[PDB]
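Darunavir:Protease complex.
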Protein chains: 2
Amino acid sequence: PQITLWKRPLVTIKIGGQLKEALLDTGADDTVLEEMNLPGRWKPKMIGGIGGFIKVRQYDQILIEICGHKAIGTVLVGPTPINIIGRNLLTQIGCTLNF
Amino acid sequence: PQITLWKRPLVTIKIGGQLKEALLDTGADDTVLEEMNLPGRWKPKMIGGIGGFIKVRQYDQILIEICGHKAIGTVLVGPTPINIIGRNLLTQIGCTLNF
Ligand SMILES: CC(C)CN(C[C@@H](O)[C@H](Cc1ccccc1)NC(=O)O[C@H]1CO[C@H]2OCC[C@H]21)S(=O)(=O)c1ccc(N)cc1
């Protein structure tokens with residue numbers, strides 16, 4: 001499909017058997033999701049943007065479905081104000097910018 | 001053009017008669033540029049990102065050309081980690097997400 005940018009590009013995703021709303025974000029290197037209790041091991045990480053850095057938990061090879069498009073890759077989990085789908089997964093669903 | 005997301009979607013912009021590199025950022029409502037000298041009046045504003053809130057200078061009705069496409073809109077100037085082009089200007093150049 002095609003998504004215009006008049007409003008925030010929020011879409012439904014499926015992760016760990018849960019449906020959430022997330023932002024398709026070309027400015028995010030990696031996917032970061034609001035606090036959630038995923039199982040498995042993880043690695044500490046810090047990611048930075050406007051305002052500074054937050055601490056997150058890095059989970060690897062996590063399956064996520066974005067608009068019915070399946071993907072698998074790194075998912076960060078932490079106190080982000082919003083669920084963010086980053087380039088690491090946007091590439092996997094064939095997402096491009098067009099103008 | 002069609003821009004894939006394996007690398008950061010960095011493009012050259014022209015603002016205040018000066019060339020700069022900036023990130024096309026569909027997750028940003030607004031356009032935020034690193035510290036620079038812009039002519040005309042400005043108002044102090046606050047904006048929040050993943051790590052909290054920063055103080056910025058708001059310039060309205062600024063001419064800015066993004067990858068050969070002209071836009072006239074609001075540009076925030078402050079301590080952002082990188083020049084980001086947000087939806088307020090992405091809409092003006094006709095940018096959409098496609099997958
Ligand atoms: C600043 C960018 C280089 C990086 N950011 C993605 C960006 O899209 C954020 C994503 C974002 C969106 C909402 C809230 C927090 C973060 N947007 C943002 O900061 O925009 C601000 C300017 O316009 C306003 O609209 C949104 C917030 C303001 S980030 O959220 O900090 C980020 C950094 C690293 C990763 N792996 C994932 C995300």
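First the proteins, then the strands, lettered A, B, ... as listed; each starts at 1. Order of listing sets the numbers, starting from 1, for every ligand and every atom in it. FYI, side chains are in, hydrogens and waters are out, and symmetry mates aren't considered; it's all heavy atoms of this structure.
Counting all copies, darunavir can be found at ligand 1. At a heavy-atom cut-off of 4.0 Å, other chains contacting darunavir (ligand 1): A, B.
The atoms of darunavir (ligand 1) that sit less than 4.0 Å from any heavy atom of B:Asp25 are 2 (C), 7 (C), 8 (O).
Counting only heavy atoms of the protein, atom 38 (C) of darunavir (ligand 1) lies nearest to A:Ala28 CB, 3.5 Å. The PDB records the source of chain B as Human immunodeficiency virus 1. With ligand atoms numbered from 1 in the order given, darunavir (ligand 1) contributes 15 (C), 19 (O) to contacts under 4.0 Å with heavy atoms of B:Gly49. Residue and atom in covalent linkage with darunavir (ligand 1): none. In the vicinity of A:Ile84, heavy-atom distances shorter than 4.0 Å reach the darunavir (ligand 1) atoms 10 (C), 30 (O). Looking only at protein heavy atoms, the nearest one to atom 31 (O) of darunavir (ligand 1) is B:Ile50 CG2, 3.0 Å. Of all atoms in darunavir (ligand 1), numbered sequentially from 1 with element shown, those under 4.0 Å from a heavy atom of B:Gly48 are 21 (C), 27 (C), 28 (C). Atoms of darunavir (ligand 1) lying under 4.0 Å from at least one heavy atom of B:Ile82, given by number and element, are 3 (C). For darunavir (ligand 1), the polar-atom distance check finds an N/O of B:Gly27 within less than 3.5 Å of one of the ligand's N/O atoms. Considering only non-hydrogen protein atoms, atom 25 (O) of darunavir (ligand 1) sits nearest to B:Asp29 N, 2.8 Å. Among the atoms of A:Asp30, some N or O lies under 3.5 angstrom from an N or O of darunavir (ligand 1). Applying the 4.0 Å criterion to heavy atoms of A:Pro81 picks out, from darunavir (ligand 1), the atoms 14 (C), 15 (C).
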